[PDB]
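Entry overview - Ancestral androgen receptor with dihydrotestosterone in place.
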Amino acid sequence: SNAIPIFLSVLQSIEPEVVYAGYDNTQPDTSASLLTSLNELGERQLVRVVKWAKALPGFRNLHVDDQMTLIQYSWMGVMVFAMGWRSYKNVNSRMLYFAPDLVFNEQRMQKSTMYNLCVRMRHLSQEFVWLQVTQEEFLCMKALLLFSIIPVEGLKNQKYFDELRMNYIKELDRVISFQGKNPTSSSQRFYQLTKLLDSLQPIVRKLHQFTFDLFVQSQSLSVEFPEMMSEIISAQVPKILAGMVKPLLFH
Amino acid sequence: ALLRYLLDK
Ligand SMILES: C[C@]12CCC(=O)C[C@@H]1CC[C@@H]1[C@@H]2CC[C@]2(C)[C@@H](O)CC[C@@H]12
């Protein structure tokens with residue numbers, strides 16, 4: 001559907017720029033300070049995710065209702081995947097590189113009160129190291145995450161979504177073979193990377209549970225949620241936890 | 001609103 005050297009050019013050109021959390025690293029870390037900063041980081045990243053998705057070819061040809069649905073449900077996965085890439089490129093996946101001014105070591109993972117989820121996210125980052133994911137594969141795979149979760153009743157124009165998603169799957173397939181392999185080695189690589197994408201979903205589901213817990217207790221825990229974060233978490237996350245969405249896997 | 005505001009820009 002779209003030439004392989006062109007696709008990578010478009011994806012590189014629209015890739016969001018670095019965003020800082022704005023965290024005061026001179027302060028002592030508390031659960032509330034770290035979680036509020038992550039909430040603030042998510043709001044800042046979410047603004048870039050919308051601008052990014054709008055520039056993804058074919059996305060804005062969806063009905064605006066479906067565009068809302070896709071961003072509302074997939075923003076967690078897109079951000080966690082990009083975070084794993086950042087940790088791979090910056091600290092060789094030894095720490096969680098949420099932002100240049102918000103890097104989690106073991107101490108911050110403990111005081112965040114989601115230590116086990118942080119460990120799971122570092123394991124995801126380590127898969128980048130073991131697989132030696134290219135930047136070209138990363139960009140194609142991240143684009144696919146916009147097409148990873150849909151309502152159980154489907155979208156307004158499900159058929160167009162189906163073909164656009166199939167298209168972006170083909171783009172990943174073509175990028176892998178574009179890089180010199182035999183067809184056997186390219187077929188294994190496609191399975192590895194799609195299995196990597198599917199491994200995101202259990203992590204994302206736990207993160208959706210965790211963020212709804214924080215939101216419910218935000219006042220008592222002194223954990224602040226920015227405005228757009230609150231609008232999505234108070235609307236689409238409950239539907240996710242109610243089983244009203246389905247992940248679109250590969251394996 | 002808000003997410004819709006960003007998409008309509
Ligand atoms: C997406 C963020 C912020 C962006 C990023 O790099 C990944 C990270 C993953 C955990 C999230 C956080 C946003 C805010 C969240 C949702 C907290 O509420 C609980 C888990 C956090």
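Letters A, B, ... mirror the listed sequences (proteins, then strands); counts begin at 1. Heavy-atom basis, side chains included; hydrogens, waters and symmetry copies ignored. Read the numbers this way: they start at 1 and go in the same order the structure lists the ligands and their atoms.
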Enumerate the other chains with heavy atoms less than 4.0 Å from dihydrotestosterone. A
Taking atom 15 (C) of dihydrotestosterone as the reference point, the nearest protein heavy atom with its distance: A:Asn39 OD1, 3.8 Å
Give yes if a backbone or side-chain nitrogen or oxygen of A:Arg86 is under 3.5 Å from a nitrogen or oxygen of dihydrotestosterone, and no if not. yes
Mind checking the PDB entry for the source organism of chain A? Escherichia coli BL21
Atom 17 (C) of dihydrotestosterone touched by protein heavy atom at under 4.0 Å: yes
Counting only heavy atoms on the protein side, is anything nearer than 4.0 Å to atom 2 (C) of dihydrotestosterone? no
To check your reading of the model: name the closest protein heavy atom to atom 11 (C) of dihydrotestosterone, its residue, and the distance in Å. A:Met76 SD, 4.5 Å
At a non-hydrogen distance cut-off of under 4.0 Å, which region of A:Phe210 contacts dihydrotestosterone (side chain, backbone, both, or neither)? side chain
